[PDB]
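Quick look: telaprevir (bound form) on 3C-like proteinase nsp5.
Chain letters run A, B, ... following the sequence lines, proteins first and then strands; every chain starts at 1. Below, all heavy atoms of this structure are taken into account, side chains as well, without hydrogens, waters or symmetry copies. Order of appearance sets the numbers: ligands from 1, and atoms from 1 within every ligand. Method of determination (from the header): X-ray crystallography, 1.9 Å.
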Number of protein chains: 2
Amino acid sequence: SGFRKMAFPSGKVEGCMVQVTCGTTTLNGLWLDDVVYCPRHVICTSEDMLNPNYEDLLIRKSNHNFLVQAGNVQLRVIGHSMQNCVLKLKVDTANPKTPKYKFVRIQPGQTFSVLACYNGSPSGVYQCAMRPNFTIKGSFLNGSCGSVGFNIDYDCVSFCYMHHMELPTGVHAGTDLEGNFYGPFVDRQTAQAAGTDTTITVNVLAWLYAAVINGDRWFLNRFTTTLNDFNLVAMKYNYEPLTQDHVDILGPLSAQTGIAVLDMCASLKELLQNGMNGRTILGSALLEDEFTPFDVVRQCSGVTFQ
Amino acid sequence: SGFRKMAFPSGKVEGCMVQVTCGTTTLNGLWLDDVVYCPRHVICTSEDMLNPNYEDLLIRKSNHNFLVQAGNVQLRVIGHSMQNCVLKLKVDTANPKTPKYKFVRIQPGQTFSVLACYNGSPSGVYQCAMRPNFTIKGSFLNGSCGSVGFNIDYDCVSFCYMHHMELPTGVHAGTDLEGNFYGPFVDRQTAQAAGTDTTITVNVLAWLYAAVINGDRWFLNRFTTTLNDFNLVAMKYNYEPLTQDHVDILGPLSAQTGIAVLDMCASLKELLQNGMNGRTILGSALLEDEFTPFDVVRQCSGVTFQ
Ligand SMILES: *[C@](O)(C(=O)NC1CC1)[C@H](CCC)NC(=O)[C@@H]1[C@H]2CCC[C@H]2CN1C(=O)[C@@H](NC(=O)[C@@H](NC(=O)c1cnccn1)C1CCCCC1)C(C)(C)C
Ligand SMILES: *[C@](O)(C(=O)NC1CC1)[C@H](CCC)NC(=O)[C@@H]1[C@H]2CCC[C@H]2CN1C(=O)[C@@H](NC(=O)[C@@H](NC(=O)c1cnccn1)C1CCCCC1)C(C)(C)C
């Protein structure tokens, strides 16, 4: 028993991190097969950042403007192309440590592990959620660009995030691995607002089920509610509205605990309107929204990976 | 910027996990050089657990009673000895993936990463603290015994914890890698109480410094206090007393922020006596005590590892 913010084991990813330098800018790249992926603003000087023309800037670069290092091994760049906001550097050595991988674009509310890196070396791993406004509340310093987020399905690594920038609010934005930003952001140094952030309701419910599985049950009540009536109270408190798809995805946790999804919603309704009144749930005095239903199943049933 | 519960990258440890079976009991082992380490109660049947005589039980076991698997490779046990509460199985193949490692015994309040495993395969990684009463608030299911906790210093892995058991309160107990339990516990199925748990004061202060570094500063005040006066208020709230050694260890964070340790104590004093009053610190409505001063420096300065 117990419940922790658990990351995926990071071994398969650690062997793919490289250091990429262009000019005076050093950041991290992702090295899979004979391609190194990295944020395209590696080619920019500080003065280009206000209004970059990346096509023109890339045309002025030659293959030997890029230094790519895998620890001690110096990779040689054979080609370079741009896909949306990511740069693809073709290299002369394929990565022997290339895992079975795919590139996926996640949806708001889903979670992933971040391997934070500096100079191509790993600093740490942590779990986060893609917020509804397409930012992430990460932990990143100067030099972390090109660090990646990922999930693991048995022996497959799904890459879903590459880090590009920090907003003045302290939150973080980046792209998928085809180079498309999550959210409305562009890689220029201009003021760009993120939407209103909302609380991920299906995840709060998942975490309440985790609490029941762990014996923390004081908040359960006799009442019941309809999906529409719940959503009316939720939207007042800046919670995402719950859909029938969400109810279905919570099915497995409902089955294991014997508590109907709409009964759990009736408990959440009371928590929102009355507060927690000095009690805690799973050691927290706030409602937690960064575990998916699948996270809870995985951690409460001990799924493993190759 | 940002602040997360960050674990160490787990790659170097993943390649050391094996599956150990004896009788109908399968759990995890740690495979370093030609030795596999595992909890000695692998040799017990359910009926032995009430009052085991481990010396006599081990004498009745032969080398071929132990099945050790590294994925597909079947290791052959050449010898077996007991060191306190850990079993050492000598094997015929040395581990090529053996990192540079040492065995250390940590002190209460220090933190480490846990690689939770089932059947020799990794499930997840998370950060925790050794509590003052020598338990840990982990996340472990049946089958997790033999999972290990560790820190990383550049290229060295320091192993500090092997998981053995769960207490009825939902918290966890285990040994160092020389087989000695943390805390007063013995590996028998009898009622055994853990001491009173207290809050790790030096870690709360470290986390308040992390909050200042991240711009969360509302709780700072003009007041000041002496170490003795602080400790009088702390002990009333079940906080560990703060020592001069703790003040020294906070030195680096004091230097970087320009806030004297005793001034931060004066802020903590007010938080304890007046509460937080609906505000949060680093997104928490509780005072967090599972980051050491070194954790904060590492995460706020981006230390990396080989
Ligand atoms: C990353 O490339 C890295 O690790 N580089 C290694 C050190 C050399 C680096 C991470 C720094 C924390 N990322 C960046 O440098 C990005 C690139 C991509 C987009 C433009 C530049 C700058 N940058 C940032 O992350 C900056 N953030 C901003 O500039 C915000 N700007 C404003 O909020 C703003 C801008 N102008 C006027 C008023 N306000 C972002 C920019 C993009 C849209 C959201 C807001 C810094 C300041 C470096 C964090
Ligand atoms: C671990 O060996 C494993 O993963 N084995 C693979 C599945 C086959 C296993 C982890 C189970 C969650 N650990 C144990 O089985 C240990 C061993 C070591 C000590 C004795 C047995 C049982 N055990 C436990 O973790 C149990 N916990 C207890 O028995 C507590 N007992 C009581 O609180 C108690 C006992 N008698 C009367 C009244 N109360 C512990 C025992 C040790 C001291 C602290 C309290 C279970 C029930 C399996 C969690």
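Other chains near telaprevir (bound form, ligand 1) (heavy atoms under 4.0 Å), by letter: A.
Within 4.0 Å of telaprevir (bound form, ligand 1) on heavy-atom distance sit the residues A/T26, A/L27, A/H41, A/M49, A/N142, A/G143, A/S144, A/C145, A/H164, A/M165, A/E166, A/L167, A/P168, A/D187, A/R188, A/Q189, A/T190, A/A191, A/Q192. Protein non-hydrogen atoms do reach within 4.0 Å of atom 49 (C) of telaprevir (bound form, ligand 1). In terms of N/O distances under 3.5 Å, telaprevir (bound form, ligand 1) is not approached by A/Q192. The shortest N/O to N/O separation between A/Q189 and telaprevir (bound form, ligand 1) falls below 3.5 Å. Closest UniProt active-site residue of chain A to telaprevir (bound form, ligand 1) (heavy-atom distance, 1 Å): A/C145, 2 Å. The model ties telaprevir (bound form, ligand 1) to the chain through a covalent bond at A/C145 SG. Between A/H164 and telaprevir (bound form, ligand 1), a contact under 3.5 Å exists for at least one N or O pair.
Considering both main-chain and side-chain atoms, A/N142 never comes within under 3.5 Å of telaprevir (bound form, ligand 1) through any nitrogen or oxygen pair.
Annotation: atom 45 (C) of telaprevir (bound form, ligand 1) to nearest protein heavy atom, A/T190 O, 3.9 Å. Scanning all protein heavy atoms for the shortest distance to atom 44 (C) of telaprevir (bound form, ligand 1) gives A/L167 CD1, 3.8 Å. If you number the atoms of telaprevir (bound form, ligand 1) from 1 as listed, the ones under 4.0 Å from a heavy atom of A/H41 come out as 1 (C), 2 (O), 13 (N), 14 (C), 17 (C), 18 (C).
A/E166 N, 3.1 Å is the protein heavy atom nearest to atom 25 (O) of telaprevir (bound form, ligand 1).
The atoms of telaprevir (bound form, ligand 1) that sit less than 4.0 Å from any heavy atom of A/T26 are 6 (C), 8 (C). Residues of chain A contacting telaprevir (bound form, ligand 1) are concentrated in UniProt domain Peptidase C30. Taking every heavy atom of A/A191 and a limit of under 4.0 angstrom, the matching atoms of telaprevir (bound form, ligand 1) come to 34 (C), 35 (C), 36 (N), 37 (C), 38 (C), 39 (N).
Of all atoms in telaprevir (bound form, ligand 1), listed by their number and element, those nearer than 4.0 Å to a heavy atom of A/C145 are 1 (C), 2 (O), 3 (C), 4 (O), 9 (C), 10 (C), 13 (N).
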